[PDB]
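Below is one structure, written out as structure tokens; the observations come after it.
Below, chain A is the first sequence line, B the second, and so on; all start at residue 1. Modified residues are rendered as parent or X, with their additional atoms omitted from contacts. Method of determination (from the header): X-ray crystallography, 1.6 Å. Only this structure's heavy atoms are used, side chains among them; waters, hydrogens and symmetry mates stay out.
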2 protein chains.
Amino acid sequence: XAXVXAXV
Amino acid sequence: XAXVXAXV
DNA sequence: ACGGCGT
DNA sequence: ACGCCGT
Ligand SMILES: *C(=O)c1cnc2ccccc2n1
Ligand SMILES: *C(=O)c1cnc2ccccc2n1
Ligand SMILES: *C(=O)c1cnc2ccccc2n1
Ligand SMILES: *C(=O)c1cnc2ccccc2n1
Ligand SMILES: [Mn+2]
Ligand SMILES: [Mn+2]
Ligand SMILES: [Mn+2]
């Protein structure tokens with residue numbers, strides 16, 4: 001759920 | 001995650 | 001269920 | 001010269 005590199 | 005030049 | 005960078 | 005995540 002976090003998007004810091006993927007944003008799932 | 002660090003932004004020293006890119007800031008991802 | 002997910003992965004990324006440039007000055 | 002630089003490292004981080006939650007629904
Ligand atoms: C988002 O909150 C989140 C939390 N845990 C994960 C585990 C694996 C893939 C993606 C995830 N996203
Ligand atoms: C994004 O691509 C990504 C990859 N690895 C991580 C590890 C810990 C927190 C955030 C991250 N983001
Ligand atoms: C941020 O903490 C971070 C860590 N590792 C990376 C590797 C590749 C591109 C971006 C990154 N960001
Ligand atoms: C920013 O553009 C950038 C490029 N290369 C690096 C290498 C090591 C630490 C920080 C960096 N920042
Ligand atoms: Mn990964
Ligand atoms: Mn580079
Ligand atoms: Mn977590």
Can you tell me what they call the drug at chain A? echinomycin
Heavy-atom contacts under 4.5 Å with echinomycin (chain A), by chain: B, C, D
What label does the deposit attach to chain B? Echinomycin
